[PDB]
Amino acid sequence: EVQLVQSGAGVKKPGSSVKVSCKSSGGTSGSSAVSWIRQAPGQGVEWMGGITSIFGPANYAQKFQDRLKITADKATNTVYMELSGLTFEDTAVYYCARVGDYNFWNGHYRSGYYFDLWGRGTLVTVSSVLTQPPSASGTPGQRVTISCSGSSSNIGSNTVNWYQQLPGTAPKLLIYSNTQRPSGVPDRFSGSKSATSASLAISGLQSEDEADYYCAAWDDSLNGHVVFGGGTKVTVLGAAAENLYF
Amino acid sequence: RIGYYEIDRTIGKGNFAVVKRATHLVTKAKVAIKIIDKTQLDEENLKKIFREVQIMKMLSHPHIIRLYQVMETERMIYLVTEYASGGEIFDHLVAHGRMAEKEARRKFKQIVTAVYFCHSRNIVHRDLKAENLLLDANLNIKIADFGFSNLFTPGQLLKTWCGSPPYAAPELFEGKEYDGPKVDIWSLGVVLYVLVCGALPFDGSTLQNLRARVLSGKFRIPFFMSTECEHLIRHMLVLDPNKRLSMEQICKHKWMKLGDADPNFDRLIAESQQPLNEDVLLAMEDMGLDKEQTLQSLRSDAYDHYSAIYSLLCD
Ligand SMILES: COc1cc(Nc2c(C#N)cnc3cc(OCCCN4CCN(C)CC4)c(OC)cc23)c(Cl)cc1Cl
């Protein structure tokens, strides 16, 4: 029922600024922790900023601090994002995503920074840390494993989350808090964390699992940011030849 | 509903308290009301409420929230103050992002004027934060929440480790006996940064991570920030308290002197380095209130029914 409705796609000239809206419509309306995540065509997902602590008005990723402005109209439940000084490198799909455990934040509780709900995405086009294997593969029924290496400041200190991204869709929470599976995710998917590394295991591989898989964790470096993995394109190969004598 | 106040709605919260907007039944004016339940309060907490009230009674300044009345029952304590129509600066930053240096200089000038006046009356806030810097109907600063406030003597060291963690000076985290005003100057540096950046210089997921950041004294200056403004913040957010700018040095900074000449700011900072409204008294006489008893409530700092009505009527 609860959904994030984003503004439509648009073309901006280089140098100009773009504003994207994200209205929270449906169900449990009140207070949320919306973050802005972008994804350039054929590229991985990248966290730009958003509300990530009880301490300040907004937190921006170091890369975006100079050009991003993140605002919110509490009266209308709409969250805005304004990116100025646009270049061809800013052509991407801009998503807004809500942090799932916002209701528990108290300055002592360490959030998982898992993205509960996502917007459909807004395509903005300009015209005039975590190590993951680029690809993985397996025949149907096999158990494929994706590794996700990090540092002490991210995986060593915080929980790991996994997202599955099907073509033409926003990433979806697959595993949260290292091993947990949100309702809908089958028992076939399983997570695991050890020291500064994490792993996703897709047991009993199905053709429907051919998607991009991203790994994510909070990084305590600087004022904090959510870091993502490069992504892994899991390809479901054709089943092996069958012996006819048995 | 509560004395001469009909409560409107909950506008905020506080330590063992709920702030609620209300309307004065005889003057029809809006006030803020902190409702504290004494059942969840201990000996040390009750003393910290009395001190807060006694400090608010000493401060009468255009950029400080004015306490009007104090009411106390066997189970409750109500503090009635003027209503800051525009609300917190924090909420204004959430709505519109970073403030332009011109617009930020105006608010910061107002903020230092109030903090200077406090230090002038030998008082230190110790809890300066964006959520405590309120705005009136004309969007002008009104400093509020003197819960952590205390009286000081120049050259003395305080031992109360209190404050808002993101704005708290490093010595507070370290548990060192500190100089009062220098702690407020660190907080003012953080305030100036959050005004021009729309984000904190020191931030983290938990208090442990925030502390590590505050103790490092390292923070990012964004591209949009002027070299004059960077200089001011870098000279306020200094780990050694003795190497921080004084309130007088902050007022005469190159960034502060920038733009148009502001003689109104100068005549307000010089005032810190230091009549009766007979028309109101006649109107109060008509309402069935004695002129001599009204004067006696004003003379004695009672902050009772007569004090509140005179104060509210003078608007
Ligand atoms: C009296 O007791 C104390 C009260 C306070 N707090 C406040 C004082 C004071 N003083 C004055 N004025 C305040 C105004 C506030 O918001 C006004 C506008 C709200 N609107 C409500 C709904 N609509 C949708 C938009 C905004 C506010 O809430 C943030 C707190 C205020 C403190 Cl900090 C300490 C003590 Cl001891």
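Sequence lines map to chains A, B, C, ... one by one, in the order shown. By the PDB entry numbering, chain A shows 1-128, 147-264, in order. Sequence positions for chain B are given in the PDB entry numbering; the residues included correspond to 62-335, 344-384, in order. Below, all heavy atoms of this structure are taken into account, side chains as well, without hydrogens, waters or symmetry copies. One-based numbering, in listed order, for ligands and for the atoms of each.
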Subject >> Recorded drug name at ligand 1 >> reply: bosutinib
Original post:
Which chain forms the chief contact surface with bosutinib, and what is its name in the PDB entry?
Top reply: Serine/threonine-protein kinase SIK3
**OP:** Tell me which other chains have a heavy atom under 4.0 Å from bosutinib.
**Re:** B
**OP:** Report all residues and nucleotides of other chains within 4.0 Å of bosutinib (non-hydrogen atoms).
**Re:** B:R70, B:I72, B:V80, B:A93, B:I94, B:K95, B:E113, B:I126, B:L140, B:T142, B:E143, B:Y144, B:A145, B:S146, B:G148, B:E149, B:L195, B:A205, B:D206
Subject >> Heavy-atom proximity of bosutinib to UniProt active-site residues in chain B >> reply: B:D188, 8 Å
**OP:** Look up the UniProt domain of chain B with the most contacting residues for bosutinib.
**Re:** Protein kinase
Subject >> bosutinib near UniProt ATP-binding residues in chain B (heavy-atom cut-off 4.0 Å) >> reply: B:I72, B:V80, B:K95
